[PDB]
Amino acid sequence: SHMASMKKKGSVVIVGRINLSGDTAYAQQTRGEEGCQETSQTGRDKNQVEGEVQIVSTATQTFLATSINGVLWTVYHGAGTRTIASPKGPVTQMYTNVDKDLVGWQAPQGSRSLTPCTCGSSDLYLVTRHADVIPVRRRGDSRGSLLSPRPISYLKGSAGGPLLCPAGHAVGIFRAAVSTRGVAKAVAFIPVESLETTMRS
Ligand SMILES: CC[C@@H]1C[C@]1(NC(=O)[C@@H]1C[C@@H]2CN1C(=O)[C@H](C(C)(C)C)NC(=O)OCC(C)(C)CCCCc1cccc3c1CN(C3)C(=O)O2)C(=O)NS(=O)(=O)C1CC1
Ligand SMILES: [Zn+2]
């Protein structure tokens, strides 16, 4: 009820990227913790952005965001309704869908977008925040099985990251792990066709 002292949530901040440009996938950090905290408050991020898969953080969480068709997408369960920091200040979401666990902002200048997959292939690859490339067999519209199961710890913080086909097109956005006794045997994703439908609504 004390309106003048009510706080605002900070912006999502890009703090690094998963580099997939070469022969080796690796994580790069582009901003440290103090800079991230400051940038979340101001919403003003003048760092150069590159690549398709960004590592993003709020004050309380860190996860991934993936550019597809000129939109930087991530999970609602990480970003909520937050703005993203940008060179000219905070940028409001252009897509928000809590039912899909999906949000999106206009892709930052300097980023590159993945192309939506039209291959109809079921041999997929999940990219994690540690730049592991994990083979996943597609098992339905929104699920795929890990060829080698992992503790959920290994996948934590990778929501918002891509599932890719063999040619490196975007097939989906990772949202949840299918876990039993802490072991992830499968992953649940937002299919790229669902993003494409969201882009038409
Ligand atoms: C640990 C690596 C996981 C990727 C990850 N995500 C999660 O942790 C999501 C967040 C939350 C729970 N969850 C799970 O993965 C849980 C789990 C393992 C924690 C036990 N699994 C599950 O419920 O399976 C049940 C299943 C039926 C398969 C759900 C299907 C999806 C159904 C669904 C549909 C529509 C909307 C929503 C859902 C689920 N949803 C909203 C939602 O908010 O889920 C993460 O790394 N997050 S993160 O650390 O980056 C975080 C900072 C952002
Ligand atoms: Zn493809």
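We number chain A the same way the PDB entry does; the residues here are 981-1181, in that order. Whatever order the structure lists ligands and atoms in, that order sets their numbers, starting from 1. Heavy-atom basis, side chains included; hydrogens, waters and symmetry copies ignored.
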Peer 1: State which drug is located at ligand 1.
Peer 2: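 PDB records name it vaniprevir.
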Peer 1: Below the 3.5 angstrom mark, is there an N/O of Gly1137, backbone or side chain, next to an N/O of vaniprevir?
Peer 2: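 Yes: some nitrogen or oxygen of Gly1137 is under 3.5 Å from one in vaniprevir.
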Peer 1: Would you mind running through vaniprevir and noting each atom that sits below 4.0 Å from a heavy atom of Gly1058?
Peer 2: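 Atoms satisfying the 4.0 Å criterion: 53 (C).
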Peer 1: Could a heavy atom of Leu1044 be found less than 4.0 Å from some atom of vaniprevir?
Peer 2: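 It does not, in that no heavy atom of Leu1044 comes within the 4.0 Å cut-off of vaniprevir.
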Peer 1: Can you list the vaniprevir atoms lying under 4.0 Å from a non-hydrogen atom of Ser1138?
Peer 2: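 Counting from 1, the qualifying ligand atoms are 46 (O), 50 (O).
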Peer 1: Between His1057 and vaniprevir, does any nitrogen or oxygen pair lie at a separation below 3.5 Å?
Peer 2: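 Right, the criterion is met.
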Peer 1: Is the shortest distance from atom 23 (O) of vaniprevir to a protein heavy atom below 4.0 Å?
Peer 2: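 Protein heavy atom within 4.0 Å of atom 23 (O) of vaniprevir: absent.
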Peer 1: Hey, is atom 38 (C) of vaniprevir under 4.0 Å from any protein heavy atom?
Peer 2: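 Given the 4.0 Å cut-off, atom 38 (C) of vaniprevir does not count as touching protein heavy atoms.
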Peer 1: Checking a contact table here: which protein heavy atom is nearest atom 15 (O) of vaniprevir, and how many Å away?
Peer 2: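 Answer for atom 15 (O) of vaniprevir: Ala1157 N, 2.9 Å.
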Peer 1: Enumerate the atoms of vaniprevir whose separation from the nearest heavy atom of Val1158 is less than 4.0 angstrom.
Peer 2: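 Contacts of vaniprevir toward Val1158, numbered from 1: 28 (C).
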Peer 1: Just to confirm, does any protein heavy atom lie below 4.0 Å from atom 2 (C) of vaniprevir?
Peer 2: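 Under the 4.0 Å cut-off, atom 2 (C) of vaniprevir does have protein heavy-atom neighbours.
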Peer 1: Do any non-hydrogen protein atoms sit less than 4.0 Å from atom 44 (O) of vaniprevir?
Peer 2: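 For atom 44 (O) of vaniprevir the answer is no, since every protein heavy atom stays at 4.0 Å or beyond.
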Peer 1: For atom 19 (C) of vaniprevir, is there a protein heavy atom at a distance under 4.0 Å?
Peer 2: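 It does not: no protein heavy atom is found less than 4.0 Å away from atom 19 (C) of vaniprevir.
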Peer 1: Indicate whether atom 12 (C) of vaniprevir is within a distance of less than 4.0 angstrom of some protein heavy atom.
Peer 2: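 For atom 12 (C) of vaniprevir the answer is no, since every protein heavy atom stays at 4.0 Å or beyond.
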Peer 1: Considering the heavy atoms of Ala1139, write down every atom of vaniprevir situated less than 4.0 Å from one of them.
Peer 2: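 Matching atoms, with element in brackets: 4 (C), 5 (C), 45 (C), 46 (O), 47 (N), 50 (O).
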Peer 1: Go through vaniprevir atom by atom and flag the ones less than 4.0 Å from a non-hydrogen atom of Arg1123.
Peer 2: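 Heavy-atom distances to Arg1123 below 4.0 Å select 27 (C), 28 (C).
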Peer 1: Around vaniprevir, which residues have heavy atoms within 4.0 Å?
Peer 2: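 On a heavy-atom basis, the binding site is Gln1041, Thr1042, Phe1043, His1057, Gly1058, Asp1079, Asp1081, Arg1123, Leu1135, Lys1136, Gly1137, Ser1138, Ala1139, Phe1154, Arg1155, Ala1156, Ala1157, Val1158, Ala1168.
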Peer 1: For vaniprevir, list all ligand N or O to protein N or O distances below 3.5 Å, rounded to 0.1 Å.
Peer 2:
from, atom 1, to, atom 2, distance (Å)
vaniprevir, 6 (N), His1057, NE2, 3.3
vaniprevir, 6 (N), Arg1155, O, 2.9
vaniprevir, 15 (O), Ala1157, N, 2.9
vaniprevir, 21 (N), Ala1157, O, 2.9
vaniprevir, 24 (O), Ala1157, O, 3.2
vaniprevir, 46 (O), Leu1135, O, 3.4
vaniprevir, 46 (O), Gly1137, N, 3.0
vaniprevir, 47 (N), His1057, NE2, 3.0
vaniprevir, 49 (O), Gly1137, N, 3.1
vaniprevir, 50 (O), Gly1137, N, 3.4

